[PDB]
**Q** 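First the structure, then my questions, so here it is.
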Amino acid sequence: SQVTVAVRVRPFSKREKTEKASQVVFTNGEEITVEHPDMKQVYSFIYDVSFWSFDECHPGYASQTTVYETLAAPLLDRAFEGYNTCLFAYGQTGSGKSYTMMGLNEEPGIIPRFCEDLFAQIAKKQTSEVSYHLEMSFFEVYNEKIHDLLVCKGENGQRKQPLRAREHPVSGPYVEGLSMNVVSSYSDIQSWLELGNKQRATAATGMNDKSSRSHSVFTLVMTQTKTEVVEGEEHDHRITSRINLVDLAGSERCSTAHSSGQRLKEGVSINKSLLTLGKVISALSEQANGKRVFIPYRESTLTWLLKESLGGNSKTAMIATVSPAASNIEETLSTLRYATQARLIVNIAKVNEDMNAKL
Amino acid sequence: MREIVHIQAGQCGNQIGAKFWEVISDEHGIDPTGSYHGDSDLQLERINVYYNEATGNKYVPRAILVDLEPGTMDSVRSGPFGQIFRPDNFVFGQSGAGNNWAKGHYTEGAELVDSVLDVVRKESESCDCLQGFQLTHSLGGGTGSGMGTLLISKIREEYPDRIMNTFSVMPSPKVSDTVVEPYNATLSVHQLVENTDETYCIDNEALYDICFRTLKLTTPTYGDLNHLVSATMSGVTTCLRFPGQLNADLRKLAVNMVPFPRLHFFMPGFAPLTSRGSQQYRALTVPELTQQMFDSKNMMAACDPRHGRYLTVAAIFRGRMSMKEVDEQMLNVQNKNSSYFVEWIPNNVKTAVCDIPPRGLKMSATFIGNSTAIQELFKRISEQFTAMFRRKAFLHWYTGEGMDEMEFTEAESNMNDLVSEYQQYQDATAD
Amino acid sequence: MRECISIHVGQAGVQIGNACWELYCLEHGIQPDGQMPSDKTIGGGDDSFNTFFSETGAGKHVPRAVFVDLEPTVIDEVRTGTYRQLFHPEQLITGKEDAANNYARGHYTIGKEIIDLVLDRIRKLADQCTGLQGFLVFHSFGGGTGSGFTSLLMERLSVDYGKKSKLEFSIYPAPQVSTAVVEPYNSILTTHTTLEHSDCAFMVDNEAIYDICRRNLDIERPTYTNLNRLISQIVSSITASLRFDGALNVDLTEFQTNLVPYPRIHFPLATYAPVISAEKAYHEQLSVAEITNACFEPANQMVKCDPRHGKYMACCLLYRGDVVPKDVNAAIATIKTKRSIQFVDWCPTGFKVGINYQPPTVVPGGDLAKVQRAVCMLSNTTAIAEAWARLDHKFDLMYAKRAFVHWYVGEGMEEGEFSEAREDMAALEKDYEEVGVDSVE
Ligand SMILES: CC(=O)O[C@H]1C(=O)[C@@]2(C)[C@H]([C@H](OC(=O)c3ccccc3)[C@]3(O)C[C@H](OC(=O)[C@H](O)[C@@H](NC(=O)c4ccccc4)c4ccccc4)C(C)=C1C3(C)C)[C@]1(OC(C)=O)CO[C@@H]1C[C@@H]2O
Ligand SMILES: Nc1nc2c(ncn2[C@@H]2O[C@H](COP(=O)(O)OP(=O)(O)OP(=O)(O)O)[C@@H](O)[C@H]2O)c(=O)[nH]1
Ligand SMILES: Nc1nc2c(ncn2[C@@H]2O[C@H](COP(=O)(O)OP(=O)(O)O)[C@@H](O)[C@H]2O)c(=O)[nH]1
Ligand SMILES: [Mg+2]
C-alpha cells in the first residue's frame, strides 16, 4: 500500500526556552535519531516521511501548509475517484496535536484547509449537471461505548446516550439514531466542532487538565450526483464517499501515574483500542503486499465502525506528534514504537519454486 | 477468600445440577440433609469456594435455577438432593418458550431478568471476595439459551473484571435432537463470543461414542453423561479448593489459554476412564493417562483434531505424583506430533497439580484445549443455517415476537468471521 | 552482630522455605516449636545463633523471615502443619486474587494493598537487627507474585535502605520445559527491574536438577521437595560462613564484590558437587580433587548452560568439613591447567575462597547421605547469555503476532514497556558479547 505513516515535531516554546529543556532529538533529515543523558545507549528510527519542524530556517522545513499539500492530494483524488479515506492522529499533551489538526484562527491547521479546499473544488465544479451534498457527524468512544458528541443535551444528568453499532449486509457497519447535519460553509462545521469538543471528556491527571479519556471521531459523507441519462432525467447512480478524521489519546502508563478508580478503566480501554488499531494497521500493510490474511476487526468498537473505510480500495494514513522535552522522553519513545511496525521491511524472506513458465 | 457462583437454565442445566451437586457433596463430604459426614479436617477448609454457612453446622450451595416451566424443577424437589437448596433460589415463572430463542430473550427472559437479579445480587454480595461465575446450559432449547445469554450480557455489563465461564452444550452433526438447533445456537454464539472469557463447547455424540465403545456400557441415560460433564467441571477447580505442588485457578487457565479474546471456545477431556471389569489390565500412571487423553476418543466434541491444529492446552492433574514425569511426557508429546502444534508459539502447555484426588481414585487428569477443530462444528452450523435462511423457512415465529432479519444476518457474519479467524492458522504457515 | 533477613515469595518461595527452615532447625539442633532442647542438653552459649533466629526471655525463638504468595491455598498449610507454631503469625497472605501468571497484577493492581505492610514489617524486623539486613529473596520467574511483587519490592528497598547486600536466588525457565505458556513475558520484565536495583541474582533451572535426579543419586520419580532440599543445602553452603566458626570466613558483602565486575552482569550460576546417594556414598573416596573436578563439569551444573561455548568472568567457592587449603590449592592449579577452559585475560586470579569446619547434616528419609565434607560453587560466566539470547527467540515471535497480550493491559500495563525492555535485554547480550574478547589495543 501507500498508507504512509508520518511524524512531526513541536518546536519547543518560549516557556520551554526559559527552562532550556535540553535538545534530545537529533535529525539527519530522512532518518531520525535520539539520545539520552546517560549518553551511552542509542536508538535510530526510520519512517517514510519526516517533518523536522523544530528549526525555522533549516532546509527541508516542515510548514503547516506544507503538511497539508504533502497529504492532501491523495485525499481529494481517492475521494473524487469514488473511494473512501481516513486519517489517524496520535500523540499527547506537550505534542500539541491541536496545533497540528486545528491550528489557530491565524495559524491555519489541517482540518480547515481540507474543508475549505473541498468547498473550493465543490463551487468550482458546481455545474447544472452535478450536485454535491455533504453531511457531517462527530462522536466519541469512552470505556468502549459510543457516545454522540453533537447531541444538544436535554434536561437530565449527563447520561451520554449510548447508541449501538449494527451491520447492514450491503455497506456494513453503522449506527442507529446517529445524528447528522449539513455543511455549506466552513464556519458551520467550525461551530459544530467547537461545541462537539466540549462534551468529549478529559480529567486533571498528574500531568495536566486536558488529557482526553476518549477517542474522538469525525466523519463526513459526500454525495456526488452527476448521473444523467440520454433518454431523459434518470440518475442511474449517486456516488457516496466517506471521509474520516480521528484524534486519539496517548498510551497512559498507569505504572508511574498511580491513578485508581475510574481513570484506570478509561486508560485500560484506551490502551486496548490502540493495540487493536496497531494490529489492524499491521494487517493492512501485510495485505497490500501479496498475502491474504485475516483482520481482527471485531475486537474493538471503533474498528468495527471502519471495516469498509479502512480496507480494499481505501487509502489512509497516520500522523504522529511528539516533543523533544527531556521530561517526555519515555512517552516520546513509546509514540514512535507504536508506529514503526507499519514499516515496509520487517524482514520478509525470499522463496520461489514455481517453474512452469512453459508454453 | 475466593468464591464461585453457579447458574442454571433450561432442562439440561437443572438436570446437570442435580448430578453435579450430588457429586461435589460426596467430594467435600456432604449429604442430602445439608449436613457433614466426612472424615478429614480438610474438606471443610475451603468448602466456601462453593458453599455458604448454616445454623446447625449444615452447609448450602450458592446455586441458582432459572427455568420458566416448573415441570422440570419439580423433578428436582422430588429428587435426592432436592431439599438442600434455598427454595427462594429456585427462581421460575410460567408460560414455557416452545424451543424458541425470541420467546426466551425478548418477551419473558427480558421480563424475568430483574427477578433473577434479585437473587443473584443477594448471593454475590455475601461473598467476601469473588473469582468468577459459572453457567451450565445448552443450545437448541429455549430458556437454556435466551434467558441465560441475556443474563451473561447483563452480568458482564456489571462486572468487567470478574470471570464468566459457560460450560454450555452445542448441537451434534448427525442427529439433531431439536429441529432448530442452528438458529438458537447461532444467536447464542453471537451473544457469547464478545460477552465471555471462556466457554467450554461440549457436544453430545462424543459422550455416546465413549459410553458405547470405551467404557462398554450397554444402555446409558442422560444421567450417565452428565456424570462425566460434572467430573469435567470438578477437576478444573480442584486446584482452587485443595492444595497442591503447583496451584492454579480459573484466571490462569483463561489467560494462559485465550491468547486472542474472541478465540476462547475450548474442548474438554477427562482421564482415567475404563470398563468396570477391565481396569485390572492397566496402570494408574502418567504415561497411560497422557496417551489416553490426546486420542480422539476421550474428547467431547466429535470434532477431528487431526484435521487441524492446537493453539494451546491445559492439563489439571489430581494425585500424589512426580512432576518430572509429567514434564518429560509433555516434552515427548510436543516432540513427536509437533506438526499438530504451532510454530509461532514455542511451548503450548501449562500444568496444575493437587495432592487430594477424588474419593475412590489415585490419579486423575482433566484436559482443556484451545484448538481449531471447533471449525467444523461451526462451518456445519453456518451451512445448516444458510440452507434455511436462503428461503426464510421458520422465520416468522422468531420475527412475530419483535425481531428482524438484520439480527440474523449479523449473527451469521460474526460466526463466519470467527470461522475465518480459526482458518487463518490451519494451513502449513511456514515462511 | 550481623544478620540476614530472608523473604520467600510465590509457591516456589514458600515451598523452598518449607525445606530451608526444616534444614536450619536440624543444623542448630532445634525443635519445631522454637525451643532449644539441644541447649537443655548443653545449657548456655550463643549456639542459637542470632544471625538468623531472634530469641526471647521466655526461651522461644523465631527466624527473621517472612513470605507472601497471594494464594492462601498454600501457606494455610504452614499456619496449621507440623511447623505451625514456630513462625511469626505475620505472613502476608492477602490472596484475595492470584497473579494470573501475569506481571501486570503482581506489579500494579495486586502489587498494592500489601507492599506497604511488607515494608512495615521489614522495618519492624530491622530495628532489632543490630547489623546488616542482608536481604535474601527466594523468588522465581514465570510464577506470578515472585516476578512483579519482587520487582516492586526490590526497587522500593533500593530507595528505602540502599547500600546493603540484596540477593535473589531466582529460578529461571528451562529452555524446553515449563509449567506455563506466557513464562517469557513474566520472566523478562523482572530482569529489566532487577538490573538496576538488585546487586546479585543467582539462578537455577528445574530441568538441570531433573537431569541430576537420575544420573547420580539414581532416582526417576521425584517431587518438588527433592529439589527444594538441594536448594536448601546450597543456601546452607552459603550462609554457614556467617553462621558458625570457620577458618576462612566470608560475609555476604564479599559475594557481591568478588563476582560482580560490572554492575549489569550480576547473574551467576551455582552448583553443589557431592549429590551422591547412600549406596554410592560408599564405593568412592570423595577426595577434594574429584569434587572440585565435578565443580566445573557440565553435567552437575544446576543450569542448562554449556560453559565451553562461553568463558569464565569469575568463580567463587565455599567449602565444608575437614578440608586442607593445600589440597584446595592443588585442585585449583589442576583446574587452571586445562585447555578445556578459557578464563578471560582480565581475570587471571579467578578464584575466591571461604571455609567453614562444620559439614552439612543429614535429613531423615531424604535423598542425600551423610559425608565428612562438601563443596558449593558459584560462577559468573559468559555462556548464560545464550540462554537469555534464547528467550528473545522465544519472545519476539509472540510479541510480533501479539499473542497472549490483551489479558495484560486489562490490568493497566502499556505495550511499549515490552519494547523498551526488549532492547535493554538486547543491550545486555551485547555486554556478554563484548567483554569476551582478549583485547590487544
Ligand atoms: C472399584 C472402583 O473402581 O470403583 C469405581 C469404579 O468402579 C469405576 C468404574 C469408576 C465409576 O465410574 C463409572 O464407571 C461410570 C459410570 C457411569 C458413567 C460414567 C462413569 C464410579 O462410578 C466412580 C467412582 O469414582 C469417582 O469417579 C468418584 O467417586 C466420583 N464421584 C461420583 O461419581 C459420585 C456420584 C454420585 C454420588 C457420589 C459420588 C468423582 C469423580 C471425579 C471427581 C469427583 C467425584 C468409583 C469409586 C467407582 C464407581 C462408583 C463405580 C470410574 O469413574 C471415574 C470416571 O472416575 C469409571 O472408571 C473410574 C474408576 C472405576 O473404573
Ligand atoms: N525450582 C523450583 N521451581 C518451582 C518450585 N515451585 C514452583 N516453582 C516454579 O514456580 C512457578 C510458579 O510459581 P508461582 O508464582 O508460585 O505460581 P502460583 O502458585 O500460581 O503463584 P502466582 O503465580 O504468583 O499466582 C512454576 O512454573 C514453577 O516452575 C520449586 O519448588 N522449585
Ligand atoms: N447432554 C445433555 N443435554 C441435555 C440434557 N437434558 C437436556 N438436554 C438438552 O436440552 C436440549 C432440549 O432443549 P431444552 O433445553 O430442554 O429446552 P428448554 O429447557 O425448554 O429451554 C437438547 O439439545 C438436549 O441435548 C442432559 O441431561 N444432557
Ligand atoms: Mg499463584
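Heads up: chain A is whatever sequence line comes first, chain B the next one, etc. Chain A residue numbers are taken from the PDB entry; in order, the displayed residues are 392-750. By the PDB entry numbering, chain B shows 1-431, in order. Throughout, chain C uses the PDB entry numbering, with the displayed residues spanning 1-441 in order. Numbering of ligands and ligand atoms starts at 1, following listing order.
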**Q** Look up in the PDB entry the name of the chain with the most contacts to ligand 1.
**A**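 It has the most contacts with Tubulin beta-2B chain.
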**Q** So what's the drug over at ligand 1?
**A**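 The name is Taxol.
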**Q** Show which other chains sit less than 4.0 Å from Taxol, counting heavy atoms only.
**A**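 Chains with a heavy atom that close: B.
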